[PDB]
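Numbered from 1 within each chain, the chains take letters A, B, ... in sequence-line order. Basis for what follows: all heavy atoms, side chains included, without hydrogens, waters or symmetry-related copies. Determination method: electron microscopy, 3.7 Å. Portion of entry displayed, and contacts counted within that portion, nowhere else. Just so you know, ligand 1 is whichever comes first in the structure, and atom 1 is the first atom listed for that ligand.
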Amino acid sequence: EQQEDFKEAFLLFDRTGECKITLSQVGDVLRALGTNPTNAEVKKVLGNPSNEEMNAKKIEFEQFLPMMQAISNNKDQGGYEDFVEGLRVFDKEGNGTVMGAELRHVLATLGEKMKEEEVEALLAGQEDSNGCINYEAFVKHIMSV
Amino acid sequence: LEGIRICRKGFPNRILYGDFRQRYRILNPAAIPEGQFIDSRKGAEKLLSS
Amino acid sequence: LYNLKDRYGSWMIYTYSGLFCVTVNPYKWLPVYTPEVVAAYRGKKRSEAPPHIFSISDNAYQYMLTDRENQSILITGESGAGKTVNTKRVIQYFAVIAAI
Amino acid sequence: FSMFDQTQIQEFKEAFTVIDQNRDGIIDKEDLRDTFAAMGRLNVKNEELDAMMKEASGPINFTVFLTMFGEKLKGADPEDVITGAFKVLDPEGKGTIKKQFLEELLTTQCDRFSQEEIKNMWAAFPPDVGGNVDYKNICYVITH
Amino acid sequence: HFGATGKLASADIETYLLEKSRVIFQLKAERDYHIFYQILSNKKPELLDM
Ligand SMILES: Nc1ncnc2c1ncn2[C@@H]1O[C@H](COP(=O)(O)OP(=O)(O)O)[C@@H](O)[C@H]1O
Ligand SMILES: CC(C)n1c(=O)cc(N[C@@H](C)c2ccccc2)[nH]c1=O
Ligand SMILES: [Mg+2]
């Protein structure tokens, strides 16, 4: 029943009926549904497609839903204390504030890369007027999922 | 060529103890536990020895 | 000399000399300045990236954001070496970085 | 009744009570003649006024008024939520997107209706020099 | 100049000394400043006659 609910939520997610499902959208439905696994592991269960293979060729969602469930069971989701442990490294002056340019630098460059455009959207509407974000509010914003 | 000599022989990068201890304490959080008092110089000495 | 001459012999013009760059001039317009080559320097630190002026521009933007201090990039040489064009490239760096 | 906001119900009650010009409790042809002459203009001399009775012959009460409008109201929603929805739809939140972007997206993302009605409204003005969909004007032209 | 968010903010051009002597005198094998000949060697007659 919950998989059927996820299937209809995915049908409502899909951008147009012409999308039978692109691996790009497969990653996006992963991230948008109540999961957010690291991409190398889900690509591993798929079969590690090349970047051009993942871009050009198509995928079927039917087999994706079982592995979606399996990675959901693996539950690589973090924890609030773990997030605070991670973000506190940036709190160099120890007052609960981190610099937004540092966050865009590491979040774009260091891990799963995001272009400056989507990291800007990521901070759009919440970045402080001086430029220093308060990490407890940022972690809580992440917690909003 | 002198700029090569001084870059190889010298020390190209230095970070303030507060800025780096806070930045890379992540390498070994048991060397720099949170909440507990830690000296930046002495902590840096323990971390780098670790 | 031969690090330069084998690189420039293969029209690899840029090399570092520790912390900074030495450039021997190609009178040919090489593709090392394509605006999509600038993006390959975004965040690619000096130990990872192949030598280029764009590496120095990225390094100056990184030390800026980390030390919270003003930076500079000091293009120098004889006449005819590329200081005006390298300046136009450093400016192109910041222009296209802000352009995305 | 759960479909209607009570504001529209009270407005329909106000309209029904003001339209009964002779305290009739019902609507007749003569009431339509005075309504069109007072509200509109002398150009209403066309026979079409007699065709208006064909739509709903005989007396009709406020209950049937509400049910007939409710079924006719399919696809209609309260203006306040439509104003909020338009302000959310705009990326800039202020009515400055070009028609070509909106007509392409609306036809692509769902319900491939005929293009010609949306195209005629949105191209009623040149999108290159006047493409700004100042949504307040759009919603009011639909209604107010 | 860059803002706190690291985006481009402003720029400031300071120029130290123009070679003003060149405007009236050039040795063999060297031009006057390029603006002179490019207005003379011209695709646009209006610049040439104005
Ligand atoms: N790396 C390079 N790539 C392409 N052309 C170059 C390069 N370096 C120098 N040149 C050429 O040499 C000439 C001088 O370049 P410029 O940047 O003006 O140096 P300078 O200001 O010292 O004369 C120009 O014609 C320019 O096109
Ligand atoms: C004193 C000078 C030579 N220097 C350093 O010695 C180290 C600097 N920055 C460190 C903090 C850093 C390392 C890696 C990325 C960004 C910044 N800056 C500097 O300006
Ligand atoms: Mg009457």
J.: Mind checking something for me? Which chain has more close contacts with ligand 2 than the rest, going by UniProt?
T.: Myosin-7
J.: Okay, next thing: the drug at ligand 2, what is it?
T.: mavacamten
J.: List the other chains that have a heavy atom under 4.0 Å from mavacamten (ligand 2).
T.: B, C
J.: Report the organism recorded for chain B in the deposit.
T.: Homo sapiens
J.: Would you happen to know the UniProt domain of chain B where most contacts with mavacamten (ligand 2) sit?
T.: Myosin motor
